[PDB]
Amino acid sequence: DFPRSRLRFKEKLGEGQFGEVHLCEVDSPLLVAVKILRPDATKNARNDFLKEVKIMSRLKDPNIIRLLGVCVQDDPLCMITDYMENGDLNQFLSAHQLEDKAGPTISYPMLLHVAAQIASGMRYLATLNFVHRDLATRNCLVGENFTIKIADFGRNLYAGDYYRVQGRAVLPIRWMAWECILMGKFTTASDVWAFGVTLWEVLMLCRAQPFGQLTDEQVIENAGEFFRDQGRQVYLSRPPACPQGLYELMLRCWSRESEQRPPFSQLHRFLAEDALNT
Ligand SMILES: Cc1nc(Nc2ncc(C(=O)Nc3c(C)cccc3Cl)s2)cc(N2CCN(CCO)CC2)n1
């Protein structure tokens, strides 16, 4: 149980619904991320905080954010993770351009490595029957040497990625499989569908929102068209950097039937091995 006395708050990194995240130095320089309660925290927030600790303490994988420590015994409450020095993957990738064979660059096999790491992380969450429910580049963190960690969740930079109706759950409908949109059904199989969208983002180098020229309402109609199965449904197009082989893998992630979507083990295998084929 970590002593908050050895923490030195340096920068504010972001706000959540019940917490804010700061950069801190640890005198024992060593940089960590510390999430604390927001200044307006009600006791509903406190509970959701203590519950996040419970949930997060499960998570032990190289490509999942890890809980390094807690100050929970006495206030103030805090959560400690590694500090991912390169911020979220959406931001990060947006700052790069695909490497030119003939601004900062990144290579196609590096895009695969980034995607593979997300897959390996999700392969891990699958073994825990843990359903993420909001997998997207914006919720992936980036450390040194293109290391990726999936975050447990989460705030205004990406407001347009969520569909909001008063009294309803805030929903990332553009990353959601049709059965989630239509039936509220969230499974590892729909995490697989959102991974296909996330892989699409990575290949787009986050240059465009999924279905970015369709309205929310049309995205929701598109879901119903997967359901009615009369071939009218539409898909994300193949990104410029994406070979047809990788794209068909993407399309498998958007099979109407949950069963026909690839498992993450296979997604990993492909990204780390097959994808390197000419
Ligand atoms: C929002 C943001 N976070 C960054 N790194 C983080 N590492 C871990 C984070 C985190 O929240 N851990 C966590 C905790 C502690 C509790 C519960 C759950 C979790 Cl997941 S956040 C870096 C960053 N950068 C902005 C840009 N900068 C210049 C480049 O322009 C570089 C830095 N911005």
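Positions are given from 1, in the same order as the sequence printed here. This entry, so its header tells us, was determined using X-ray crystallography, 2.6 Å. Values below: all heavy atoms of this structure, side chains included; hydrogens, waters and symmetry mates excluded. Each ligand, and each atom within it, is numbered from 1 in the order the structure gives.
- Measured by close contacts, the chief partner of ligand 1 is listed under UniProt as Epithelial discoidin domain-containing receptor 1.
- At ligand 1 one finds the drug dasatinib.
- Heavy atoms under 4.0 Å from dasatinib belong to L13, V21, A33, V34, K35, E52, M56, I65, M79, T81, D82, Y83, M84, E85, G87, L141, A151, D152.
- Going by the entry, the organism behind chain A is Homo sapiens.
- Result for chain A: of the UniProt ATP-binding residues, dasatinib comes within 4.0 Å (heavy atoms) of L13, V21, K35.
- Most of the interface of chain A with dasatinib sits in UniProt domain Protein kinase.
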